[PDB]
Student: 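We have in hand a structure of ATP-dependent translocase ABCB1 carrying vinblastine.
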Amino acid sequence: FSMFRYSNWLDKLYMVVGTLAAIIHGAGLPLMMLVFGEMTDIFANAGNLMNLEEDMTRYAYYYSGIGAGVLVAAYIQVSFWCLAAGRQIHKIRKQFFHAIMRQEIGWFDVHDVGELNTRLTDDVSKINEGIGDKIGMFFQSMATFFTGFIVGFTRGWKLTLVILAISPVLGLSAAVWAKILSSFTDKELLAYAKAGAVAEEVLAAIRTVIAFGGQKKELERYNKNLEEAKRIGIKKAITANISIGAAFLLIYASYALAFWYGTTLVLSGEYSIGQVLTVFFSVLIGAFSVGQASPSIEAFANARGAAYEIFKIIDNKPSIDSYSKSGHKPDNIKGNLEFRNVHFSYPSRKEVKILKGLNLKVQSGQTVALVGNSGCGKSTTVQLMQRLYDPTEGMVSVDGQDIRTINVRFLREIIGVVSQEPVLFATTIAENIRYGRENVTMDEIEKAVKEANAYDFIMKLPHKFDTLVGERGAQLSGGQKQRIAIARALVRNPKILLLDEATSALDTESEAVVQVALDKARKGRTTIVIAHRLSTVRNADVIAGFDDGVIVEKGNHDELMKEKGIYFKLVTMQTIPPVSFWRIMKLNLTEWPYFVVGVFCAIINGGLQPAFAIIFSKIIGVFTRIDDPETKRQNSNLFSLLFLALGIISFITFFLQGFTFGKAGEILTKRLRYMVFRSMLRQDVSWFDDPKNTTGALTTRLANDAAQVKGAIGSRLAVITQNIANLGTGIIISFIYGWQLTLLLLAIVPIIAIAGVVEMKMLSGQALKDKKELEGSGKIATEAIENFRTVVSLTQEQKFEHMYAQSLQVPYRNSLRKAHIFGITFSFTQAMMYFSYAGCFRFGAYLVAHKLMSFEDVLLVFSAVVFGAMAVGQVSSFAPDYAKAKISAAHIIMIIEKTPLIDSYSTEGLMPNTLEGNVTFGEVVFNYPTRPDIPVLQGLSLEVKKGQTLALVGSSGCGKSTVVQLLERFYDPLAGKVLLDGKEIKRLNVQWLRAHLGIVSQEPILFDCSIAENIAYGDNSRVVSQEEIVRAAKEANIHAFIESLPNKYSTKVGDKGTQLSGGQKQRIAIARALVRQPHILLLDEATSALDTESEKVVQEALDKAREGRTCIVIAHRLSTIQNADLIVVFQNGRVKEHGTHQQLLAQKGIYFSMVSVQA
Ligand SMILES: CC[C@]1(O)C[C@@H]2CN(CCc3c([nH]c4ccccc34)[C@@](C(=O)OC)(c3cc4c(cc3OC)N(C)[C@H]3[C@@](O)(C(=O)OC)[C@H](OC(C)=O)[C@]5(CC)C=CCN6CC[C@]43[C@@H]65)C2)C1
Ligand SMILES: CC[C@]1(O)C[C@@H]2CN(CCc3c([nH]c4ccccc34)[C@@](C(=O)OC)(c3cc4c(cc3OC)N(C)[C@H]3[C@@](O)(C(=O)OC)[C@H](OC(C)=O)[C@]5(CC)C=CCN6CC[C@]43[C@@H]65)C2)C1
Ligand SMILES: Nc1ncnc2c1ncn2[C@@H]1O[C@H](COP(=O)(O)OP(=O)(O)OP(=O)(O)O)[C@@H](O)[C@H]1O
Ligand SMILES: Nc1ncnc2c1ncn2[C@@H]1O[C@H](COP(=O)(O)OP(=O)(O)OP(=O)(O)O)[C@@H](O)[C@H]1O
Ligand SMILES: [Mg+2]
Ligand SMILES: [Mg+2]
């Protein structure tokens, strides 16, 4: 795939013409230098002696002409190329969505929905970035390179050879530097990936860590990793700065050598100095445009893969052509389905066969139904019924004709399908119903909604035919949604209607009306029903028993019952923070002996450019002086050597300039992370529960932060320093040497700087705000791709595609306008730069002709100002992006400055010696901070005495774990008092309490460490001797299990407990909890899924240690209730049953009912 631009042959006119324009623009610059060379000679000749006004004026005319030529050529290239890119991208996006909507259902099953959606959303943008702007830039760069070498050879015979001989050395050195930088970057990536794995492991189990209060250990480990992270980061920054310095040094060495040799030759009577100027400038500019081209080829290579994938999808041909119009289109469709030996297997799992052959004939006006055990395949049966799939081995026909023979669209349009969980499109209810059929009028909608028995629901909500189905728009009830879907199906005027789990839950009266309407449609429409309610099959015209992919039962309900088949058995069983640089300089603490050196080096570097202008103007002036003794040679030689120094110093300072800055930033990282992380732990778990603080989000903020803030502070300061130094020094020194020309160039500078920044951003940031419009239009794509099943079911694909086309045409013209605007901007910038030469040198000719200054002086001012503006633009655009960095810095400032309500880091809390162990919850009422309105506690109460075996029971999911979580003060209680030993719980030491108690989660978490260390992790603040760990393990009865394993406890835990089985993992967790010997123990489903003997051993250990050790127990096994000292049952946030197990059993009810159900 190298030629994938494959649309709008006429648009190819833009492709070539723009390219052509690029060529000339690329060639424009060396030509401009050519004349400049000759131009200089004129001055050098004229000063060596007058009619300079006319010659200067005609050269300025040449410059203006070439400038206008560029003003046309650059605009043409950029505009035309972006036009072609935009048009092709629009066409390919339309075709891509069209192809996706045409794919087969099984293909969607295999291919991830989110991957495909993000593919559409991002790869098209990648292709857009891979053509238009970048291609124009590449062609212009290559043209500039070629033309520069051509000019060098033509006007230069020996100097060009030496320059082009030096160039490959520069190329090799730069490539080596880039490779070294990439290697260092990858090594640092891995080095920090270590610490990042550690951070992920600690954060993902924040509940356990905060419960055990192991904050210190985790923080110490993270600091340990951060040390190596910082070391390698410092190495990387040093290497990057040294590479920059080496590039500078090589460039200035080339300058020195070229001017040395050219001065030698010209002193030897060779071509004039102007010839040297033109040849050197042109050759170097070409030999650096060659490298300037590379980003474009990188972008094109990137886009090649996206194009490959997208075209591979597009060219895919599906067997079930949902769009093919060649299929038969029967009209007199008498209701009749006939499946013969129908065998099927899901394409995702071809090995597993669901249907093992099936025969079934259903005649017109028949109510057929399917019944079977779990996995009976009824759902797959109906799916294959609508022709969504094809029969693996068998045949299916409608009205006596094979299903395949008929057109897929025609067959689909005559089949109503209602799933077990319909969802409506996020739009108006009228639109949702209209999606059933296009040619449907509001009267038809009224009739359908009346039939579905929902007119009251529609007329109750405001905007009957206008209520949207978006966020809070689609708040309709499940029954209301089912009614809406039924109405949609009815509006389809289908022949065959299939339904499954029609009206699960909710009032049956709505189910009654739904069934009545379905029966009324049954008068003429064949029906298939997958319903669990007995009444559904009570009047069913026929019921078929699908078990193990075999249809056995055949007959009415009475007939099947008389055979005592599975039907009878089933029936019986039924029975944007604000930031600021002043407030953001938190690194000054570790920056005082660093920022001073940084600013010093930056000042030196900035002044370096005006020094180069001084030397350049002096060298040129060494030949405009008429004295012309032999000393000129020496003079030139001397100046040449200065370049080398002007080069060498540049490297040295840079080596220091990075070392103070690169290190500084790195240092800041080692603080900021160690601060950020340190702040994260000292926080309330509620904050973690929020979706904003997802583990991935926290690790991204804690990892993709160093470079951000480092840039925002250090790089901003350094770039600003260098910019101000360079430009201010240039302006001042220009004013000293000449006034009028300095004023004119000062007037022109801002245009040059704007042009430089825009050119630098041309190849980087072409698509920034387009993503907004793309997302705005992509709601349709997300709808269709996510909900594709219903879309294909009711054949609404065409309307969705047309809607997408409109939504995409909304920004299409905007994209074309953006293309034209960018082209005009770039072209005007280039032309303004070219006119700068003409204006400045014409004014200089005027000045010199009146002895206002020496040509050396005007050249000095011109070079100083122009090159200063261009270099300041370049260095400003080379820095890492600031706005994103400032935003990230502000975000992390918010994170670090955040102070928790439960200051676990705070040591303020009553710490009485020992504890009585009486836990009292009175009118305890609280709700999750995520959903405070929904109550989790309803004034529940619980009184527990010292060493009292308390058991908690209730409906699964009632909020049992909520009480345990509150015991750790993870979430504050809205109402009621929680007291330990008759004391204010909140008034106690939060850390002291969290250490005193002990809790085993319903799903204990184990860190990747040695078993001994993991067990000892339970009790922090003091190393637990191996004897204590062994005793605890024996108490939990796992010591033998660990000793059996190789290396004993010394085994390294596999990822996610890979090495150890969950059964042993739960026992290990129990041992860890018991190690601390907590005053109060909390076990939540401690039995879980394990051997009953393991639960017996754990209970025996707890009972042995139970005395003087209060316990709270939750589980779904009744055995735990037998030995409970006291029992309690939670009911809707209120404890209903209180007392002993025997007393509760005698008072038959919730406890007795639960025991009977389970037992
Ligand atoms: C205003 C446009 C521009 O100036 C165009 C280039 C990139 N930037 C400016 C900064 C810049 C350039 N060179 C610098 C040296 C030190 C400090 C800064 C620079 C610029 C150049 O050569 O000067 C005219 C340049 C830079 C590069 C550059 C090209 C380039 O213009 C010639 N390449 C894209 C890379 C580079 O790694 C590469 O792979 O070349 C194919 C390249 O090495 C070479 C020459 O091979 C080089 C040169 C320093 C090596 C290591 C770091 N990478 C990052 C990008 C790359 C550079 C010029 C913006
Ligand atoms: C309309 C935007 C723009 O085209 C962007 C630049 C500046 N001007 C256009 C004219 C221009 C540029 N170069 C010219 C040479 C002679 C005459 C005119 C030019 C421009 C370029 O090279 O486009 C390919 C450019 C030029 C430079 C340029 C950047 C640049 O844009 C790519 N650099 C700022 C300097 C430069 O010397 C420097 O930054 O180091 C001190 C730079 O060398 C390095 C290390 O990049 C370089 C270009 C290779 C080298 C030798 C002479 N110095 C003086 C100015 C500087 C240049 C391009 C306006
Ligand atoms: N794309 C798929 N690929 C493979 N198996 C699938 C796929 N979709 C579903 N299955 C499973 O394959 C089996 C096919 O049975 P099917 O679900 O059609 O019948 P069912 O008894 O009506 O199902 P259910 O219990 O979901 O109501 C089920 O276990 C189903 O969960
Ligand atoms: N992060 C959370 N934020 C808010 N509510 C939550 C969160 N996690 C779970 N819940 C809700 O809290 C209740 C959890 O019940 P809890 O675990 O406390 O008791 P349980 O009887 O052991 O039940 P289960 O183990 O099924 O959750 C459920 O309502 C669940 O929806
Ligand atoms: Mg099913
Ligand atoms: Mg629970």
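Residues displayed in chain A correspond, in order, to the PDB entry positions 37-85, 105-630, 692-1275. Counting convention: from 1, in listed order, for ligands and their atoms alike. Side chains are part of it too, since the values below use all heavy atoms of this structure and drop only hydrogens, waters and symmetry mates. This entry, so its header tells us, was determined using electron microscopy, 4.1 Å.
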Student: Report all copies of vinblastine by ligand number or chain letter.
Tutor: ligands 1 and 2
Student: What are the numbers, counted from the N terminus per UniProt, of the transmembrane segments of chain A with a heavy atom under 4.0 Å from vinblastine (ligand 1)?
Tutor: 4, 5, 6, 12
Student: Just wondering: what's the UniProt domain of chain A where most contacts with vinblastine (ligand 1) are?
Tutor: ABC transmembrane type-1 1
